[PDB]
Amino acid sequence: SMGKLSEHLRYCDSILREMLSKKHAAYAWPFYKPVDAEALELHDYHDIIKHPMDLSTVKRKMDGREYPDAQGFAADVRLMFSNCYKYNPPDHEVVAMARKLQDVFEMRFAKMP
Ligand SMILES: CC[C@@H]1C(=O)N(C)c2cnc(Nc3ccc(C(=O)NC4CCN(C)CC4)cc3OC)nc2N1C1CCCC1
């Protein structure tokens, strides 16, 4: 009722709900919550990744309407993927998992009306 920007943000809300849903859990689960570098014994993670990002943080910010437009939302989602590509060996399973989830994200985002 408030126009294209309101509709875009609601569509992005729906993308996020799908990425968090059981449908994609085989590959999305490493991205549900912030990386716990202490628990994973990754003593270099925060030295390499300066801006951690994950789906629960995107959800908090999106629910608080902290993204001014859909491009702001997309930047944080893509930052999450980019962190995974930057930190891990390129042939690691987690990179393939990030790419499977990004395939979903980019497909849905491309079809935003
Ligand atoms: C932060 C680096 C990278 C990344 O980018 N993200 C996003 C990530 C997000 N979440 C996780 N989470 C878990 C990852 C592995 C395990 C696990 O159970 N590993 C077993 C432990 C015993 N044995 C060695 C066999 C394997 C549990 C996890 O959550 C509790 N891992 C992530 N990885 C991986 C971390 C090391 C390789 C890559």
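To match the PDB entry, the residue numbers of chain A are left as they are there, and the shown ones run 304-416. Only this structure's heavy atoms are used, side chains among them; waters, hydrogens and symmetry mates stay out. Counting convention: from 1, in listed order, for ligands and their atoms alike.
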Enquirer: Of all chains near ligand 1, which one has the greatest contact count, and what is it called in UniProt?
Expert: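 It is most in contact with Bromodomain-containing protein 3.
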Enquirer: What's the name of that drug at ligand 1, by the way?
Expert: BI 2536
Enquirer: Strictly inside 4.0 angstrom of atom 38 (C) of BI 2536, do you find any protein heavy atom?
Expert: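 Answer yes: something from the protein, a heavy atom, is under 4.0 Å.
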Enquirer: Is at least one protein non-hydrogen atom found at under 4.0 angstrom from atom 26 (C) of BI 2536?
Expert: no
Enquirer: Say whether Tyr348, considering both its backbone and side-chain N or O atoms, lies within less than 3.5 Å of an N or O atom on BI 2536.
Expert: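 No; the residue has no nitrogen or oxygen that sits under 3.5 Å from a nitrogen or oxygen of the ligand.
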Enquirer: Considering non-hydrogen atoms of the protein only, which is the closest contact for atom 14 (C) of BI 2536, and what is the distance?
Expert: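 The protein heavy atom lying closest is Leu343 CD2, 3.9 Å.
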Enquirer: Output yes when a protein non-hydrogen atom is found under 4.0 Å of atom 22 (C) of BI 2536, and no otherwise.
Expert: no
Enquirer: Identify, by atom number and element, the atoms of BI 2536 in contact range of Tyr390, meaning under 4.0 Å from any of its heavy atoms.
Expert: 2 (C)
Enquirer: Please classify the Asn386 to BI 2536 contact at 4.0 Å (heavy-atom distances, strictly less than): side chain, backbone, both or neither.
Expert: neither
Enquirer: Which chain residue and atom does the model connect to BI 2536 through a covalent bond?
Expert: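 In the model, there is no covalent bond from BI 2536.
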Enquirer: Heavy-atom distances under 4.0 Å are what count here, so tell me which part of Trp332 touches BI 2536: side chain, backbone, both or neither.
Expert: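 For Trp332, the contact with BI 2536 is made by the side chain alone.
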Enquirer: Any protein heavy atom at under 4.0 Å, with atom 5 (O) of BI 2536 as the reference point?
Expert: yes
Enquirer: Under 4.0 Å from any heavy atom of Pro333, which atoms of BI 2536 are there?
Expert: 7 (C), 9 (C), 10 (N)
Enquirer: Answer yes if a protein heavy atom lies under 4.0 Å from atom 9 (C) of BI 2536, otherwise answer no.
Expert: yes
Enquirer: Give me the residue, atom name and distance of the protein heavy atom closest to atom 36 (C) of BI 2536.
Expert: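 Protein heavy atom at minimum distance: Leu345 CD1, 4.2 Å.
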Enquirer: If you map the residues of chain A that touch BI 2536 onto UniProt domains, which domain comes out on top?
Expert: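 That would be UniProt domain Bromo 2.
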Enquirer: Within 4.0 Å of BI 2536, heavy atoms only, which residues of other chains turn up?
Expert: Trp332, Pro333, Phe334, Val338, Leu343, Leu345, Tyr348, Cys387, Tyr390, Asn391, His395, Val397
